[PDB]
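Model: Dual specificity protein kinase CLK1 / ligand silmitasertib.
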Amino acid sequence: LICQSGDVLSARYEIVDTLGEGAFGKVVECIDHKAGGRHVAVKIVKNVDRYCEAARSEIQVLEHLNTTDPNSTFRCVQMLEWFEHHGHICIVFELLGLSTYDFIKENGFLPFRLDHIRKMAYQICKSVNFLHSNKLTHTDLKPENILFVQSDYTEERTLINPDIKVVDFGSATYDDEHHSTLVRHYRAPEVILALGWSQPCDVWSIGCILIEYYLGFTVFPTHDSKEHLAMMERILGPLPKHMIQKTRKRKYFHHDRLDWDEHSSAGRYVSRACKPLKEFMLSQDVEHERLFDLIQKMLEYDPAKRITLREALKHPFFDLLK
Ligand SMILES: O=C(O)c1ccc2c(c1)nc(Nc1cccc(Cl)c1)c1ccncc12
């Protein structure tokens, strides 16, 4: 909320540029003048209470992981400190590279080479499973929350070092806590249908993330609940009967079916740009297919019967990493 370059925060950090913006506010690269000049990333949070207590939660999550895993072994972003600055909350992070979304974005939305996807997939899975081990759900996993450590590339840009870290913990919730409904192009189905969530909804996102690394685009491109539900079914097949029945938000559930118009102009938009999952493959080579096996397991409709990351890390697709 209106900052600028060359500025100084809390008499220590000097803004050099802006790494990105969001509804919460922004992230800037600074020079830390009281730590020898190290570049760091600083998250300045708009002074709206909604974002202010998200930030406060985030700080306690970040402090938990940071003490439990001070080595960043499990690759969750490291918080260096926080402060207040004219009513704005500021969180200081280790400085990292581009988002995976941003990197793809500036590469013509070319996808990642499968061997890079594998190492990325492994680290995300391993990192979030850590959160999962500690009674935490991220709820907000997306390609934009996964950043390369160094995002240098050769060039059709080829990424040098696919090492990543997992970042935004504003939304992360403990099991010991009340389970929200916030708002998003990667929400699990047990989330849209207001049926309760927990660790298995992180796994859903990871599936969606891995389709995107593979194709270079998303396959659930709509911030509309109905459109999404229909996309889900064209790609993954029929929604389980029981979930449709035991849903509080039983608005678009007519005669126990999805009350969507396959016949409407908007319907054709859903059909014209979505096919069954396995039709998205671009090779039928063995390792392409191990991957889609994993993705299909991750995209199981029933969170109760959905693969866990503890399992996912043992899947065939990762064998070459061993
Ligand atoms: O939320 C965090 O924990 C969080 C923590 C660290 C970074 C971050 C978000 N976002 C960066 N980039 C970014 C890119 C686009 C939009 C926005 Cl808002 C931010 C970034 C860059 C370099 N080093 C650390 C970070």
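Residue numbering for chain A follows the PDB entry, covering 149-303, 313-340, 343-481 in order. Structure determined by X-ray crystallography, 2.7 Å. Note that ligands are numbered from 1 as they come in the structure, with each ligand's atoms numbered from 1 the same way.
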| field | Positions of silmitasertib in the model | value | ligand 1
| query | Does silmitasertib (ligand 1) reach any of the residues UniProt lists as binding ATP in chain A within 4.0 Å (heavy atoms), and which are they? | reply | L167, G168, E169, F172, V175, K191
| task | Identify the organism of origin of chain A according to the PDB entry. | result | Homo sapiens
| task | Compute the least heavy-atom distance between silmitasertib (ligand 1) and each UniProt active-site residue of chain A, then give the nearest residue and its distance to 1 Å. | result | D288, 8 Å
| task | Map the residues of chain A that contact silmitasertib (ligand 1) to UniProt domains and give the domain with the most. | result | Protein kinase
| Residues within 4.0 Å of silmitasertib (ligand 1) (heavy atoms) | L167, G168, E169, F172, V175, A189, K191, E206, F241, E242, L243, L244, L295, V324, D325
